[PDB]
Each structure stands twice: as C-alpha cells, then as structure tokens.
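Pictured: Reverse transcriptase/ribonuclease H, co-complexed with rilpivirine.
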Amino acid sequence: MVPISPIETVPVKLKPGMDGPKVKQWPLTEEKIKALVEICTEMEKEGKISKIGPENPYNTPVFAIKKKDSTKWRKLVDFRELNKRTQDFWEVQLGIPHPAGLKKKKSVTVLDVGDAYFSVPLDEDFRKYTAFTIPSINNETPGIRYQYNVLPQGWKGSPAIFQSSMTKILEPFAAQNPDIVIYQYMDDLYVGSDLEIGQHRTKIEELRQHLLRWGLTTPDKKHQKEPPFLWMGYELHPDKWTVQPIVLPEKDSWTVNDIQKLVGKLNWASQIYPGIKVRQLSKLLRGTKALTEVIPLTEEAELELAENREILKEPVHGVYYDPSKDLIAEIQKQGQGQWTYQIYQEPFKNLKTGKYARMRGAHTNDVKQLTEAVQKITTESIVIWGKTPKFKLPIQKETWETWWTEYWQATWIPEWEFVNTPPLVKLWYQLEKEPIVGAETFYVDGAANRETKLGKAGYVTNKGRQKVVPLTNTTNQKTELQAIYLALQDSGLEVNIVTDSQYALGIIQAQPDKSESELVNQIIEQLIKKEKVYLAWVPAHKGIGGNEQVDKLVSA
Amino acid sequence: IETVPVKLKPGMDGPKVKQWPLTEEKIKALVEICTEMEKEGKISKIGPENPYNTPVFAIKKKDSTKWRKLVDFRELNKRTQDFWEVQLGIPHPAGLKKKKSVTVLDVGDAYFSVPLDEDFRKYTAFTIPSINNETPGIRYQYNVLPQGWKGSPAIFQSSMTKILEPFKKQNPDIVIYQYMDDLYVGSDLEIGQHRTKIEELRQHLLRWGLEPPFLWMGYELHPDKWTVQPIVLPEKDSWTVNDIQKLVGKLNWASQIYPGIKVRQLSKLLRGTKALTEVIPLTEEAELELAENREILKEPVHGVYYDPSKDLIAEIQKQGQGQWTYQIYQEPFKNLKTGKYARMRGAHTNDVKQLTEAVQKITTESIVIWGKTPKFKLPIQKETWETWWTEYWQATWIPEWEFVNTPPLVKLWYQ
Ligand SMILES: Cc1cc(/C=C/C#N)cc(C)c1Nc1ccnc(Nc2ccc(C#N)cc2)n1
Ligand SMILES: Oc1ccc(C(F)(F)F)cn1
Ligand SMILES: [Mg+2]
C-alpha cells in the first residue's frame with residue numbers, strides 16, 4: 001500500500017451545560033427494518049459507522065423513506081435533537097461571491113469529491129452522541145446499536161468541518177499554482193484558469209495526484225456538468241454571466257403572496273437588468289401580511305409592472321471584472337425615492353446593475369438620497385472588487401459644494417464627475433445667513449388647545465400687516481407650521497420670518513424638499529417661489545416684541 | 001512567561017462581530033503582517049470549532065508609510081472581566097495634563113512577549129477576508145497579549161513598571177502614564193531636552209526587548225497650552241433688532257448653565273413690531289443687565305465635578321470653514337471641557353476626514369485628563385461615517401459613538 005496522510009479531526013463539544021440526545025426510537029415495520037439492516041451493514045463495511053455496546057445512553061431516531069418511484073429504501077438519521085445541543089461553528093459560506101467580481105476564465109473543470117467527504121473522521125470523543133438504533137424484528141431481541149465515525153449528513157457541524165478540511169488540503173496546491181482558481185460548492189471542486197487547454201488539464205491531473213496524498217479519489221469519467229453553470233440563481237459562462245431566466249407570470253388577480261414573489265423576482269433581476277422598479281408594487285404590501293388576501297393593483301402599479309415586463313423581454317448579460325481597469329459607477333434618479341445605477345469598466349458593458357430606495361422617514365431631499373446611494377454602492381463595491389468606483393452623478397459640481405459647505409452635518413462623496421442626463425439633482429431653496437434689508441419682517445406664532453383640538457395661526461409685521469386664522473383638529477406643532485405657511489403666502493419675494501418654534505426650525509434646518517406632511521410640502525412649495533428668505537428663531541414667552549403680540553393673538 | 005488566568009464576565013459569551021468590508025490594499029497588507037506574526041508564534045490558525053470573531057483592519061500611524069494592524073476589540077473589551085486583582089486600578093495622574101510637553105509612544109509591540117492564557121485565546125479570533133469572498137477568510141487567534149485589548153496593559157503592568165524603574169528613579173519629575181498601547185510621557189523641559197529623554201526612554205525598551213516597528217515614532221502634545229471656550233457676548237455700538245434677538249436667545253440658553261442670567265431689560269428694547277435690520281439704542285437699564293450678565297459669564301459653572309463611575313460624553317458641532325466646536329460633560333449643562341478646532345489637517349475639502357481627526361484629538365485630550373475615552377455624539381449620518389472613518393483613522397484605540405440626526409439649535413451659541 002501507499003501510506004496516506006490522515007485528515008486531522010476537529011474537536012467538537014456540546015453547548016455548555018447540555019447533554020447528548022436520548023430520543024426514543026419509534027417502532028418500524030418489518031419491511032423497513034430489513035432494509036435498514038442491509039444499508040447499515042454496507043456502511044459498516046465502508047467504515048462509516050461502528051457497532052457499540054449497551055453502555056452508551058444516547059440515541060437519535062432513524063427512519064426509512066421510499067425513494068419515490070423505486071423499490072429501494074433510503075435511511076434517514078434525524079439529528080434535529082443533537083443539532084440543538086451541538087456548539088456553534090464558523091460558517092465560511094455566509095458571504096457568496098458575486099459573479100460581477102469574478103474574472104474571466106478560458107477553462108473551468110469540475111471534480112467530484114463526494115467520496116472524500118467520508119474520509120473526514122468525526123472527533124472520537126463526540127461519536128458517542130451520534131448513536132442510533134435499528135429496532136429488532138418483533139422487538140424480541142435488542143436493537144442493533146451504531147454510532148458514526150465520519151461526518152453525518154444532516155448534522156449541524158458537517159458542512160463547516162467538511163469545507164474547512166478540504167480547504168486545508170487544497171491550500172498548498174493553490175498557493176503553489178497561482179495561475180488557477182479553486183472553489184468548492186457542495187460535493188464538487190471547480191478549477192478555472194487561463195492556461196491553454198493542455199496545460200490546464202495537466203494542472204487538473206496534478207490536483208488529482210495531490211488529493212491522492214490523502215487517499216481521496218476522483219472519478220476518471222469526467223464530470224457531466226459543463227459551462228454554463230447554474231449556481232445560486234445565476235448562469236455562469238466562461239466570459240459572461242447573467243441571472244437564471246426571470247419569468248413574470250400573467251394573472252388576472254394578484255394575491256399578497258404573489259406580489260411578494262413578484263417583487264422578489266424583480267429584486268433578483270435588478271442586479272443586471274437596468275431600470276427595474278418596485279416601489280409602487282411594494283406599496284401594496286404596506287402593513288398587511290395575510291398571504292391569501294387579494295389586492296387590487298393601482299393604475300400606477302400596472303404601469304410599473306408593464307414597464308418591467310418590457311425590460312425583461314430579452315436576455316441581458318454582465319461581463320466579468322478586469323482588475324487592470326478602473327470601475328465606473330453611474331447613478332440616475334427614477335422618482336418616488338427610487339434610484340438606479342450601473343457599474344462598468346468599458347462603455348456599454350455593465351459588470352452589474354442595481355437600485356436604491358429612499359429610507360422611511362418624515363422628511364427628505366434628493367441630495368441626501370443621492371449621498372446614501374453613493375455610500376451603498378461604495379460598500380457593495382468594496383465587497384465585490386475591493387475598491388471604490390469613480391462615480392458619474394446627475395448633480396452639478398457647484399450644487400454639491402453649496403450643499404456640503406452649508407449643511408449642518410459632515411458629509412462626503414468620493415471622487416466623482418457630473419453627468420448631464422436629466423433629471424438633475426438640485427437645491428430647490430436656500431435660506432439667507434443674514435436678515436434682509438428692505439424686506440418685511442413677519443413675526444409668526446400658533447397655538448392649540450390640547451383637549452378641543454382648536455387652535456390659531458397668524459402673524460404680525462413691521463408694516464402693520466396682520467392675520468389670524470382659526471383652525472380645527474390641530475396641534476401646537478401643526479399651528480406653528482401653519483403660521484410660517486401664512487407668512488410665506490402673504491409676503492413678497494423677499495421676507496424675514498421670526499418664529500419661536502424649535503420644532504419648525506428642526507424641520508426647515510434639515511432642508512427637506514419632500515415630506516410625508518402635506519403642510520411641510522406646502523411650505524416647501526412657497527419657499528421655492530421666493531427670492532430671499534431669512535428664518536430667525538427667538539425663545540417664547542420672554543417679552544420679545546412682535547413675538548409677544550402674535551402669541552397673545554393666537555393663544556386666545 | 002507564565003500566563004495570568006483570564007475569564008469573561010459572568011453569563012457572557014465571546015464576541016461574534018462581523019468583519020466589515022476591506023479594500024484590496026488593506027487585505028494584502030494584513031496577509032503580509034499576519035504571515036510574519038504566524039512565523040513569530042504571535043498568532044496561530046484556528047479551525048471551524050471556534051465561532052468567535054472580532055473585526056480587523058489596517059491603518060497608517062501619523063507620519064509613516066508602513067501599515068499597522070488594528071483589531072477592533074471594543075466588544076471583547078466590554079465582555080472581558082475587570083482587572084482589579086493586584087491593583088484596584090492605576091489612579092490617574094492629574095499632573096500629566098499640566099506638563100508643557102507630552103510625547104505619546106506606541107509600546108504595544110512589547111505586549112507580544114507575554115503568552116496569553118491558553119483558555120482565553122479562542123476569544124481573540126479574527127478573520128482576514130478575501131475580495132468577493134472567492135476564497136475562505138483566513139482565521140487566526142492570538143497566542144500572546146494582543147494590541148488593543150484592555151487586558152494587555154493590565155497583565156503587562158508588572159513587567160512595565162520594572163522596565164521603567166531605572167528611568168523613573170533617574171528622572172523623578174517625569175510623568176509616565178500608560179493607556180492601552182500608548183505610553184504618555186510628560187515633562188517640563190525644553191523640547192530639545194525633552195526629545196532626548198524620550199529617546200533615552202526608547203532605549204530602555206530596546207534594551208529590554210533584546211524589533212518594534214513603530215516604537216521610534218513620537219506624537220508630541222502640549223497640554224499646558226490647551227485652550228477652552230467660555231461664553232462671550234458681542235460688544236457692539238449699533239445693535240439691530242436681529243442682534244438683540246440673537247443675544248436674548250443666547251442668554252436664555254446660558255441661563256440653563258448660569259443661575260443669575262436675566263433678559264427682562266434686553267427684551268424690553270424690542271417692544272413693538274420692528275424690522276429685523278432696524279437699529280435699537282441700548283437703554284441704561286439694558287446696558288447694566290448686559291454688563292451684569294458679562295460678569296456672571298466670567299465665573300466657573302457651579303457644581304461641576306468629574307465622577308469616574310459615569311460615562312464621559314463628547315458632542316461636536318460643524319461650524320463651517322474647517323472649524324469645529326466640542327464639549328465634554330457627564331451631566332447636561334455641566335461641561336468639564338469645551339474647545340474649538342480649525343486645523344483640517346490635509347482635509348480642506350473633506351468634512352468626514354476633518355471630523356475623524358477631531359474625534360481622535362478629543363479622545364487624546366480625554367485620555368490625558370481623565371484616563372478614559374468619551375462616548376461621541378457625532379453630527380453625521382451613520383452610513384456615511386461607517387463607510388469612511390477607517391480610511392482616516394491613525395490611533396491604536398477606538399472610542400464609542402452615536403449619531404445625531406436632528407440639527408441642534410445650540411450650534412449657534414458655540415459659534
Ligand atoms: C466562485 C466560483 C464559482 C464557480 C462555479 C460554481 C458552480 N456551479 C466556479 C469558480 C471557479 C469560482 N471561483 C472563481 C474565482 C475567480 N474567478 C472566477 N471566474 C469564473 C468562474 C466560472 C466561469 C464559468 N463558466 C467563468 C469565470 N471564478
Ligand atoms: O423514532 C422516533 C422518531 C421520532 C420521534 C419524535 F419524538 F421526535 F417524535 C421519536 N422516535
Ligand atoms: Mg406661543
């Protein structure tokens with residue numbers, strides 16, 4: 001024989017304070033028992049399990065399932081109970097590669113390592129916890145007791161221990177063959193390279209010889225799977241990639257669940273199909289989660305769906321990453337808080353696409369949303385390519401500088417250039433830093449009675465202009481906004497406004513251009529029509545002239 | 001050489017913190033650093049039976065070209081037992097903040113000479129990720145005291161005191177304070193003298209060591225020149241209605257801090273409904289009230305005390321043109337320090353780099369004065385900060401922070 005290196009075992013423990021499983025083995029038909037005994041006899045000959053004495057107090061139930069349309073039974077050891085009691089492991093597969101970050105490969109070979117899976121031994125001190133029992137015919141003898149010597153399928157730790165054991169084996173081969181890439185998925189190794197097919201197939205044989213070192217055999221009859229690969233919802237080709245076919249169903253009436261499945265497909269498609277939109281369709285899912293309830297599609301939802309079918313009419317493909325070239329990211333505003341982007345290196349050849357949605361919130365504006373989309377794309381780009389793309393943004397350089405120099409928060413956008421493709425992001429209003437000479441000064445105030453919800457809003461000016469409006473179904477905060485709205489309505493193009501509302505200033509100093517409050521939206525529309533607006537704050541109830549007068553008028 | 005037993009706090013598992021995205025340059029640098037650390041025995045590869053994790057990244061200390069590995073042990077430091085076994089603590093030296101020069105030394109490399117408790121090593125696990133997760137992340141744990149872990153200066157304290165005994169005995173007026181990986185050395189000497197005592201101190205370590213990659217560096221402070229920000233009111237000959245409104249607004253805010261502030265007579269100047277730009281003559285009654293408020297504002301705030309059992313809180317305001325104001329306090333309106341910066345430091349067009357530098361300088365001041373770091377209230381959106389602060393970080397410690405999403409009115413009064 002040729003000596004083989006053993007595969008180091010991973011020490012395994014149960015969670016602190018817990019003991020192994022002691023699950024009762026139901027009874028089984030005489031037919032199932034005979035099948036399990038033959039299966040387990042084969043496994044024992046192969047070294048996968050071993051018979052144990054009666055001292056072991058642990059047990060996990062075993063089942064026999066009929067492999068459909070066949071007379072052959074299959075065994076199932078149900079480790080659900082042991083898994084609850086097994087320690088947590090490091091899971092390497094949490095983050096999966098995105099196809100847009102892969103490199104193009106001339107050749108990609110697949111190797112089956114299904115048999116290597118059973119050369120991975122289970123920690124000797126943990127095997128006792130995997131005990132199971134085949135019931136005896138008619139329950140007239142003791143059941144046959146086995147435990148596992150290898151990683152059991154369905155046990156919590158098997159995926160992580162298998163992968164970590166294969167990786168350890170493969171590390172020296174990968175390190176000393178930097179002209180190939182190796183990726184493990186399920187029971188297969190995927191080996192890619194840019195070598196001429198002859199050299200490539202030589203590397204493959206060298207890899208097979210390396211794996212023999214550990215006694216791991218790979219089928220000679222080479223794998224049936226070949227490019228394109230169907231993998232994690234993608235199609236991988238040697239020089240391009242895409243998502244597996246997206247088929248939006250036809251349906252006369254839509255259910256909650258159907259809309260959730262539709263949006264899921266649209267989200268999945270949005271990573272290469274440019275311009276997918278889902279706001280109006282996701283609006284129909286607001287609040288409710290009765291999976292069988294039917295929702296009428298708004299006319300806005302039917303247009304959005306009509307547009308998406310058009311986008312999805314024919315295949316689109318992304319290209320792979322070329323590390324020798326810069327990454328470019330271009331963003332567009334779509335409306336209703338929706339933003340779309342493309343990431344490319346050569347013009348008209350996207351690596352991937354995507355979208356971003358306005359966060360839920362009371363007030364917002366386009367510049368903040370653009371900034372947030374940039375931060376998302378930057379982070380996604382670090383993940384996939386390890387670097388920030390250069391940005392092409394629909395906002396003028398002068399607009400950005402005005403924004404970030406005057407905004408109360410620190411904000412930043414990495415290297416970027418203006419792309420002149422409407423609609424452009426702009427500043428709709430800008431408040432003065434100093435009072436305006438010659439402009440009428442409006443002192444505004446409002447108040448409401450907390451019980452009867454009745455209030456008043458109004459203003460008084462240095463020219464003697466005055467107004468007080470009575471209001472119903474209102475609050476202190478609503479009347480304070482209403483007062484500012486009236487002053488804007490009734491003033492010329494330049495106006496000084498004096499308020500004591502800290503609430504109103506928190507809103508306006510955040511500079512919104514769209515709001516969930518129609519009152520704030522009315523204020524925004526008035527501000528856009530002005531030439532100059534200076535907003536001044538004073539503390540309430542301190543005898544400040546002007547403010548004192550109107551406070552009395554509105555709290556009456 | 002023998003390990004000190006270490007445990008976590010009762011009923012508390014190890015850190016399981018996600019590794020955040022790293023740029024290609026930072027990954028390459030960390031792979032090179034960790035390959036060497038592994039050869040030197042400082043770290044060792046680990047298996048999948050270790051589920052713990054702490055984020056890692058890389059920085060460039062101020063004024064150097066070489067990458068330094070930085071592990072973010074903030075979570076582990078919260079979960080690690082407290083170290084009072086030999087000493088209830090190191091009473092913070094109040095004289096450090098009063099020296100004319102204080103140099104900061106990176107002595108963290110010395111910690112690598114002490115083994116780490118075999119049973120605690122698993123909790124220092126970290127991952128070097130790969131671009132696009134194309135290869136499994138490289139998993140390590142520490143075999144020696146790690147840089148950035150609060151237990152490292154505690155376990156090494158006995159060894160540090162012994163290394164420095166000859167230098168302290170020979171220079172008794174020097175204040176030497178250790179915080180995490182940093183050594184703060186304060187003197188009242190002329191800087192030329194000072195730099196030479198610092199170099200003397202390096203040799204004691206080099207001598208004991210027999211090489212530390214960043215021990216040669218030195219961050220020079222001058223805390224005796226640190227400036228504060230009392231409340232000041234304008235001195236004008238012509239007061240507009242708007243000027244007086246802003247004055248009454250600021251005085252109203254000050255009255256939360258100072259008891260005897262009054263605005264009655266100043267408000268009374270605005271009687272009527274006047275244009276904002278109209279000039280108002282001050283009455284004698286208003287001038288007096290104003291002068292009396294000036295005098296109040298020259299006194300310290302009453303009942304202000306530091307309590308080492310309470311968190312320090314740091315607030316920062318962007319004032320524009322590269323200027324930043326900040327306040328450190330434990331109770332509202334009881335500021336223990338206030339300040340103002342103006343040096344963007346290679347950041348005249350990057351707000352976020354400026355804020356990141358401000359955070360580090362404020363943390364440094366907090367370490368010197370009270371011996372611990374404050375919790376920051378940062379004027380920035382979480383996503384922006386989280387995306388960029390690691391690109392400009394140059395300290396070997398990391399403070400805590402939260403985010404301010406509503407504009408404070410108080411910005412106007414610290415202007
Ligand atoms: C993540 C990954 C999944 C599969 C596939 C898993 C499955 N099923 C196969 C391989 C080899 C890899 N690993 C890498 C690493 C770097 N570049 C690439 N580029 C690349 C991969 C496949 C094709 C094709 N066809 C083209 C280029 N693949
Ligand atoms: O053989 C079995 C199978 C399942 C069970 C359970 F308790 F889970 F229902 C018990 N004994
Ligand atoms: Mg009022």
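Naming: A, B, ... by sequence-line order, numbering from 1 per chain. Remember, it's 1-based here, ligands and their atoms both numbered in the order they're listed.
Here, the model contains rilpivirine as ligand 1. Lab note: other chains with heavy atoms under 4.0 Å from rilpivirine -> A, B. Nearest protein heavy-atom contact of atom 22 (C) of rilpivirine is A/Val108 CG2, 4.0 Å. Counting protein heavy atoms only, atom 5 (C) of rilpivirine is closest to A/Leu236 CD1, 3.6 Å. In terms of protein heavy-atom proximity, atom 28 (N) of rilpivirine is nearest to A/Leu102 CD2, 3.7 Å.
Rilpivirine places these atoms under 4.0 Å from at least one heavy atom of A/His237: 23 (C), 24 (C), 25 (N), 26 (C). For atom 4 (C) of rilpivirine, the nearest protein heavy atom (residue, atom name, distance) is A/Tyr183 CD2, 3.8 Å. In this entry, the label on chain B says p51 RT. Considering backbone and side-chain N/O of A/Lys103, one or more are found under 3.5 Å from N/O of rilpivirine.
Annotation: atom 9 (C) of rilpivirine to nearest protein heavy atom, A/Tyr190 CB, 3.5 Å.
Residue A/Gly192 has no nitrogen or oxygen atom sitting less than 3.5 Å from a nitrogen or oxygen atom of rilpivirine, judged on distance alone. If you number the atoms of rilpivirine from 1 as listed, the ones under 4.0 Å from a heavy atom of A/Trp231 come out as 6 (C), 7 (C), 8 (N).
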